[PDB]
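This entry carries 7-ethyl-10-hydroxycamptothecin.
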2 protein chains.
Amino acid sequence: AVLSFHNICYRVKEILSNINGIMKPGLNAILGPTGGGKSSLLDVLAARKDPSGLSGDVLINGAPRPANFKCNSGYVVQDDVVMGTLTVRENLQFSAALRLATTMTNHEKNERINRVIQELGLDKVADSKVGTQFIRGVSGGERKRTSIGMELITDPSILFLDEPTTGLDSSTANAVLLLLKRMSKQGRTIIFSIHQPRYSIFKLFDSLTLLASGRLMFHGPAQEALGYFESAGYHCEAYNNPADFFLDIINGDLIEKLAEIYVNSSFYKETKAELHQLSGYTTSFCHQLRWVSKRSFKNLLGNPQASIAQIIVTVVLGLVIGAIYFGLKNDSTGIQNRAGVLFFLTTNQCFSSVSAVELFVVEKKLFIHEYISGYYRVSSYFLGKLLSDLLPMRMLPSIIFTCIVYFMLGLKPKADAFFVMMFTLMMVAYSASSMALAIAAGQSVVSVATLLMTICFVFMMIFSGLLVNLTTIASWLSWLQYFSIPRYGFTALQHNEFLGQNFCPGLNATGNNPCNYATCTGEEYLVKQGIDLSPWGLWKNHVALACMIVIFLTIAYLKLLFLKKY
Amino acid sequence: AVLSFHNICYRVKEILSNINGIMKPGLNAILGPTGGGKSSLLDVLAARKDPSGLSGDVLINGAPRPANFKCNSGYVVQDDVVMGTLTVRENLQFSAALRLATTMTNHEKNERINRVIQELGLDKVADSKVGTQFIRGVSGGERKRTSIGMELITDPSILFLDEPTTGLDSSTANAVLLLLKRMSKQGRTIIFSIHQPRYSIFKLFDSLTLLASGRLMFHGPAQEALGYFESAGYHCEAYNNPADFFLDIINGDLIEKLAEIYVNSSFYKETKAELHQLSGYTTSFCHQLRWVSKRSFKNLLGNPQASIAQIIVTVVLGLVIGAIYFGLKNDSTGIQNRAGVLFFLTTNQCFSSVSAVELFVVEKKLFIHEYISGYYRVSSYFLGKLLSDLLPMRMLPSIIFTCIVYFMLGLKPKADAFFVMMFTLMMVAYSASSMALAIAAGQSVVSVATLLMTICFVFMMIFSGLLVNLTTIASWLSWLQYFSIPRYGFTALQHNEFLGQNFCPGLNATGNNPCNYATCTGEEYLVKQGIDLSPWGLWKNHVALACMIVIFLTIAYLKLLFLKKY
Ligand SMILES: CCc1c2c(nc3ccc(O)cc13)-c1cc3c(c(=O)n1C2)COC(=O)[C@]3(O)CC
Ligand SMILES: CC(C)CCC[C@@H](C)[C@H]1CC[C@H]2[C@@H]3CC=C4C[C@@H](O)CC[C@]4(C)[C@H]3CC[C@]12C
Ligand SMILES: CC(C)CCC[C@@H](C)[C@H]1CC[C@H]2[C@@H]3CC=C4C[C@@H](O)CC[C@]4(C)[C@H]3CC[C@]12C
């Protein structure tokens, strides 16, 4: 299975102008600087770029590239897109779990996992965690092998590598490059964009194609490259590295004048003659939903440095709130006291979900690469992570909260009120996380995602039934009370709270009482806040919060789905 | 003026083990990998490392290095430590302004600024801004020249360069390296740690010293380097770069076995013979305070992208608060309304000073390099930046705040109360910025500095006279009300606010009124909050905030002063 390409015109400014040539089923390479069209060529030959600006055709052994070309052809990304806090065994099981289980059994596909672990030579650390900047594990030289080995389980005919020696301890860099020479013995087409090979792997090159500023310099084998520029006009004598002299022509010891000599060279004309003669999902839904939810859950308690950080600051917050309000009295200092704390617990939960923005952006390149390679549909990924790293995570600043705070105060001595308060505190937390997830899903940096959300949770903090008394502002702006998350929190936390008790000792003020502006009963206080006293009015917020969840989640589901993934 | 060095033993593990050798008043170089003792040698030869682990001696032309060796010897740092948003002219004026004005006039030192701009060749873009990742300006090839030219105004005998070709568009890299060859024609000792020269500047090397894993490989001139390893055992034939073959011996095509041949080589023995024969502030305070305050002030409105961002979100916040509370009534819904907003304005100002942590950490390497080179004392830098980027910056979320909010509510229709509220809102803002400055000065990353401070401004948010009613909690924890910034805000903002008005229409409740729990008068409300009613009790917070400022600023002044600056 060979690749070939003819007259590629690519506009965003034409970035890939006049590229054409063939490959060989061996070890191909893309050379040149990073400023040129070197990296942009390999993306278009791997169908990574969009076909909008594409004009030329890529012919694999004469046939055009089919729709599932990206399903069968692995593309190793430049950075470590391996999961850092996972075992290398189950790291390799994951990519095997979504591309292959349509027909074959589990114990049928187990053998090719054990096959690719030995031809990679990765049985040595096969039961170790990979390692990241947070936690250690397997060394960085074998992190690239895990990226390469991950894309070998489904059967490849072409294999791509995006800059495979970017900072790989060059004494260790050669071993993986010999392995690709060892991988090409089966017939794997290895097209990579290598960044400055010195001389060692430069003699083990089967074919090469050097580019500069969007212009083809030269295509040909490495044994034919040394005799080229000596017959072109710039000499490369002794103590002059070949792969670094070939870029010295565009340093200027002009930009197109070197590229013309290749047209009337004895390399390009016979590639045109062979170009002219060749010119004339897969896995079930519930199988996908399990496995991606298995990964992030294992990723969560594989690195429990930021998960248990939220638990401890919650348990210490609840004890501190419990130590502050250790027994709340029904005196005149009750209303300022119990509406104060029940304000605080919602707007904590609305604000402590600032750290829900790091859910789709710390693994965005883990999402774009795994979606476009064909692992799963988007709604499988999105439903997978929510019930794995938003549902069990944001369910315990809530049920851990009430049990440590409601018994240290004695808010309302019941069990339904203990069970409705526990319900709504996890309901705000699911909302304002998703609100923070809505305006942060499908972005690259967390920077403007935190600044935009935090200034949005201030206007929600104002309209919350505490700092305003919403009934008193004018109706041309009091419509903004509905566009606020913790108001639905604070109302629901108050409606189950002011129902039977009297903040008026020594007197009773039900219907016959003089001397108003008293606010003795809480039901008198609630109409000062204008809260309706119906039992519908309690659950009116929860459906309003539940419909706040759905519109915020599907706009996040839209934003990942309509993401420019090329 | 030549440098020499003998038997350097350096422990943190011995990192610089057995280094010795001489220099030449020309162009010296330090070679090897980044993993070795290459970068750590140049720091010790520039007196950048601490002399704690140092054992050997560095002899400059036989004399030991004096105390003000660092005053006369420039050290160019690896990254661009030039000020990005400043003009190249005034960028070069700055370093001239602090090292030279002790005797000579301003118009005497102006000539050497015009002298070093032409021998650098930087008159072409001399009136342009430098440029950063935020705003453009002079291209990145001439950013390194501005770092080099900055350390030339005071007269150098030795000049250091920390890795001067780290990503400098290698076609442009040669021009600055020829300039150092052109600079060495005067007699400037140029010792740099160059990272992988290919061949071009490798022939323009006067002396070189290659190191590996803390072991000296070889010291000598570049013309004597090519004949070394051919007479040592590993051959470097044609199409083999010399500077990359010299590191290939430690790749292994062992770690000390190559380093032994240098001991019985004809290079080291005659350097020992010459080593054995050589073996036997400045500127006023107020002149320093002006110039550093001129720099950051010019840096502030040189990049007014984040300065005017805070102004607009302030003016839009004040209009929104003004639109919400457009006329606050003296009904029963006054106390919840006016204590609500006056809670919000303090805890905004306490929280909106989260962005004061980026004051000593976005330019920390701009501080360590400029302190140790001898530009100023620390208290000059610390008093310089506060009245330039904390005092005029955090004075206008306050006086811009009251004028847009006090007239849209009519809080207390006076002019003293307008002038005490404007005073205290800038007093909280100066406090909680410095509180955020205290636990962030002298750190490298803003990450744990934001997480620690924001969870600290929650416990200050609770004990604030709103969510607690501080008089009702037990005295074993109510001592924590004093360790909270905006309580002093909220009390002082309330004491000038509840003094003459009555939230009790149709009745008067001064001393003769039945039907308690009424809170008609505000002075009755203040003793429900337990605020003392003395006019001392108003200003009691401001001195408590002013003494909060001093202890937080001098712990920041201590933290910069006792910083490990080696
Ligand atoms: C409810 C406690 C609470 C708050 C904030 N953050 C938290 C974070 C974690 C946590 O557990 C509890 C938090 C926060 C932030 C800000 C303001 C504010 O009132 N609060 C309150 C005012 O407005 C601002 O600009 C902003 O600084 C936004 C950055
Ligand atoms: C795109 C973003 C802003 C959508 C915001 C969602 C909010 C504004 C929408 C979604 C669901 C809606 C709520 C669902 C139904 C009810 C119950 C009714 O008795 C009061 C209005 C109320 C509470 C609606 C108010 C507006 C609402 C809360
Ligand atoms: C190291 C950090 C925690 C220091 C914190 C500064 C605070 C806690 C210190 C510094 C200055 C001190 C205040 C200065 C004087 C007064 C006025 C007095 O009538 C009440 C106590 C009060 C208000 C002090 C309380 C404690 C205080 C506020």
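Throughout, a chain's letter reflects where its sequence line sits, starting with A, and its residues are numbered from 1. Counting convention: from 1, in listed order, for ligands and their atoms alike. Computation of the quantities below employed the complete heavy-atom set of this structure, encompassing side-chain atoms and omitting hydrogens, waters and symmetry-equivalent molecules.
Every copy of 7-ethyl-10-hydroxycamptothecin included, the relevant parts of the model are ligand 1. Structurally, the main neighbour of 7-ethyl-10-hydroxycamptothecin is the chain that UniProt identifies as Broad substrate specificity ATP-binding cassette transporter ABCG2. Other chains with a heavy atom closer than 4.0 Å to 7-ethyl-10-hydroxycamptothecin: A, B. Within chain A, UniProt domain annotation places most contacts with 7-ethyl-10-hydroxycamptothecin in ABC transmembrane type-2. Transmembrane segments of chain A (UniProt order, N terminus first) with a heavy atom under 4.0 Å from 7-ethyl-10-hydroxycamptothecin: 2, 5. The source organism recorded in the entry for chain A is Homo sapiens.
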